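Remarks on the structure that follows.
The lettering of chains (A, B, ...) simply tracks the order of the sequence lines. Here chain A follows the PDB entry, giving residues 1-539 in order. Per the PDB entry, chain B residues shown: 6-88, 93-212, 232-432, in order. First listed ligand is number 1; within each ligand, the first listed atom is number 1. Hydrogens, waters and symmetry mates play no part in the numbers below; they use all other heavy atoms, side chains included.
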Amino acid sequence: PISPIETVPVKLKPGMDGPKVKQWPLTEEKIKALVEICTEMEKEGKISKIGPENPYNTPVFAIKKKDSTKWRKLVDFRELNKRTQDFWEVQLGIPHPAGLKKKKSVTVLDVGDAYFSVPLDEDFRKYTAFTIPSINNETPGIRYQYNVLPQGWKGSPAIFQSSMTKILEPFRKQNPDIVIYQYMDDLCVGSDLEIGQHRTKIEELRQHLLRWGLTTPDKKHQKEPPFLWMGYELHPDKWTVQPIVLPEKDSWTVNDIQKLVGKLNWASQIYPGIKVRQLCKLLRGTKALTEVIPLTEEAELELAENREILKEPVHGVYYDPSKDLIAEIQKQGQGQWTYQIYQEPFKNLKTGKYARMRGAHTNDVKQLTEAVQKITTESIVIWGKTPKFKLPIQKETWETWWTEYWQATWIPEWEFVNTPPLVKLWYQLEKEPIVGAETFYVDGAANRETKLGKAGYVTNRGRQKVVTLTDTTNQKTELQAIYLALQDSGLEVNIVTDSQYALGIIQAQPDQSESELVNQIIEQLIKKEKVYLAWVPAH
Amino acid sequence: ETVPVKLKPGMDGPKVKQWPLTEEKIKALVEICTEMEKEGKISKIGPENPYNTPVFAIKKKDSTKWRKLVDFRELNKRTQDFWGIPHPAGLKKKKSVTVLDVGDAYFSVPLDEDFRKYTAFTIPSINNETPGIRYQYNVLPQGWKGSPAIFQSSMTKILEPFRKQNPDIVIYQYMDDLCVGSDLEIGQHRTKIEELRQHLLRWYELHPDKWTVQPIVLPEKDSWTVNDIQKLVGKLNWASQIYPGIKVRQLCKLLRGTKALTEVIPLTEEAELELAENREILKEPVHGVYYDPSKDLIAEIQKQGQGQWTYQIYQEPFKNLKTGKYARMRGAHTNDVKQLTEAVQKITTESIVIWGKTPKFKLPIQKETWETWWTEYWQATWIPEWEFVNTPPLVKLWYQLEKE
Ligand SMILES: Cc1ccnc2c1NC(=O)c1cccnc1N2C1CC1
């Protein structure tokens, strides 16, 4: 077919040379094959049989696919590629159902060998030259080169696209009420017209493209709704989730339990209640992939439980610009959050959860805020707007924390919602020393080399204690001094320390960490009715 | 015609990813962009141009119309040097300085044909249902350093008539901006600016005198508790990193023992003095602090809370070229980010006003958080460089100490 298309000016990376690789010799069966095809393409205007005036070459292979078992060629550009200049990023940001505006009707157009339809920068082809061997290194084979965007070449995806774009500018402006999407070879075209009007419009587009050389596939290959898009069945009224099969065997290898759990984790984003704690558990200390691990009862149970959930239909609605955008968030567990964005109650546009964001040390409100922003960024991309928030937290809780935290933070417009568990402040150090409460003067000391230390305090009330800690860091002790303190005090304590680390706990009053220690202290802190932390320089 | 400009030796063009935008913002850039396209200021580009810069919209000043902002920060950094206008020191001493937006000058002059690729910017499409709209500049870009450079001769050439019609008024130029400083009382001043506008047209209210640094003031009390002192001493201890003359020896003894935190302590005349001796040292900025032009300028910030934010501008640890505070702006009452970007712009303008360059910021906010929303409140035509930090629990307690 080819085209009357303005080619794109392509160049080789900064000061390099085109690929110079020797043609892997082949069988007579693969040759007679390759020669066959290269005759067709040759005449389809795609490739040009050039002469020995070309030092550049690429390896032409020959495989048999299923759809025919007829010989199919293959050129290895791994080299032309790495020597090919760089292009701007080929749309790696792909559409998401939840962001599609529902349409009266939507066509999907296979743009066929769109690739081989676009001309190549003539001032470039040479680098595409490859050679059809002779019967096992005989005389000279047959030399060729491409005239069009080659399959497997680095810039083809990018160049093809741009072309299509320039070509769509017109038809598109000629009827601003028809939305079109380009990707791979899929030209999905929709609009809010009448099937006829619609049908008649596609035909206008197809002919238009055709006016350039872009031939669009049969009535045969023609795709029929719904459409599969990364595990999604899409009808232009709503979308269903392309069901996922959970294989059942009596022999599970590591490799499997992973592939398995893998898919499961992805299924958590849509299905409510999918857990894998026990399944992940089966990977502990495995010695190899093919290793067959027996499923525990737990593993068999949750695994069996999940089977049902997936055996449930989770449909979907499309994006209606005329309706609000709402996002609701739940705290499935500490650090674990789930969200669902919808315009109409129960008609969810999108859902998802974020694997527990464990960290060095944060608090819920913090974490919530992060979930909030992760969502927001998502939203912008999907709908070009941020949603209204329904958050499991009281405005008072929010004001108190935020209006006082050492870090710039914020949550776009929201509304409280009482979908317990609610997120709250497990505790709040006193703004001032407690009058009455006992006062502990703690101190922790250890040899960092011997890792041996002591820890303790001495209250104003005469109380006192100390402990021998074998194998420890100086920190652990200090904090341990602090720990004991909270253990041995009443429900109101005044504690002073020179540990600059506690000073951190003051400024951020975190409610979760990594070290059981801190953790323990938190559990303690949470328990008291009033705690006043005080730091003072050491020595 | 055009002037040959290149990139710093071995530097390659910027390839920054365009951050996601709002719909309303996109519609705007599109409008805007098609416009300049027609005016020939910019032309769409193929895919063979791999460079790219971030773009975004502003709602600067009273206007339902948006301004277009491009982030040439990386481009600027990579662009060759040109040796700009020296510093009019005195500018900072005027009773009132004003600023103007003259990025509109640039569009006039043509940009060298061979540098344009490097100016490639891209407008996104929601949910990516369309490849971005690739463009690249033909004329001088607003926000690119070379711009005010190239347009220097033609710039000065149009200011003199004013610089001489009024020699009691100082005029400083930075990027797209311009700063006017006169001691005339408001009206005469403001009115006078317009005279310049009319001027410049034929082709910020700052008062820097009541400005700069302020001191630290220690607390005082009829009676002092163990804690009051503890804090007191803790702070003085740190302070000795700026002022070695400071001492807490006596005070520390007063601490010997282990009484209730709330117990009142009688101060020894020694401590009594030593405290006076420290109130004295702190009464003034540390000596021998001079700005080094060959060094990077730094600006740090701490979130005091209650809409409060202290900052410091220095080049060397503990040697503040300036320190200050900033209170939130009416109508930001529940938006940390607004105030922060709000503060930043202000500290940057002071930096430009005082030293004529932009500081490097250390921000008490999360990268994600900042990046997600700064643009929503940005108003300057320029953009400082920034890094995000975890506030030392003391640098704050220390500055939360300044006098008001
Ligand atoms: C896979 C895909 C990617 C991007 N957009 C669409 C589609 N496919 C659809 O079936 C679809 C469904 C609903 C709305 N728009 C849709 N279309 C647009 C063309 C009307």
State which drug is present at ligand 1.
nevirapine
What's the chief binding partner of nevirapine here? Just the name from the PDB entry is fine.
HIV-1 RT A-chain
Counting heavy atoms under 4.0 Å, which other chains neighbour nevirapine?
A, B
Atom 11 (C) of nevirapine: which protein heavy atom is closest, and how many Å away?
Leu100(A) CD1, 3.7 Å
For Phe227(A), atoms of nevirapine separated by under 4.0 Å from a heavy atom
10 (O)
Nearest-contact summary for atom 17 (N) of nevirapine - protein heavy atom, Å
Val106(A) CG1, 4.0 Å
Can you help me out: which residue and atom, if any, share a covalent bond with nevirapine?
none
What is the nearest protein non-hydrogen atom to atom 3 (C) of nevirapine, stated with its residue, atom name and distance?
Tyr181(A) CD2, 3.5 Å
Please identify which atoms of nevirapine are closer than 4.0 Å to at least one heavy atom of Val189(A).
19 (C)
Residue portion contacting nevirapine (non-hydrogen atoms closer than 4.0 Å) for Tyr183(A):
neither
With respect to atom 20 (C) of nevirapine, which of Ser191(A), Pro225(A), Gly190(A) exhibits the smallest heavy-atom separation?
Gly190(A)
Closest approach of any protein heavy atom to atom 2 (C) of nevirapine, naming residue and atom
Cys188(A) SG, 3.9 Å
For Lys101(A), which part has a heavy atom under 4.0 Å from nevirapine: side chain, backbone, both, or neither?
backbone
Return the PDB molecule name for chain B, nothing more.
HIV-1 RT B-chain
Shortest protein heavy-atom distance from atom 12 (C) of nevirapine, along with the residue and atom involved
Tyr318(A) OH, 3.3 Å
Source species of chain A (PDB):
Hiv-1 m:b_hxb2r
Listed by chain and number, which residues of other chains have a heavy atom closer than 4.0 Å to any atom of nevirapine?
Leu100(A), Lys101(A), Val106(A), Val179(A), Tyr181(A), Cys188(A), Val189(A), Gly190(A), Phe227(A), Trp229(A), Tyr318(A), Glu138(B)
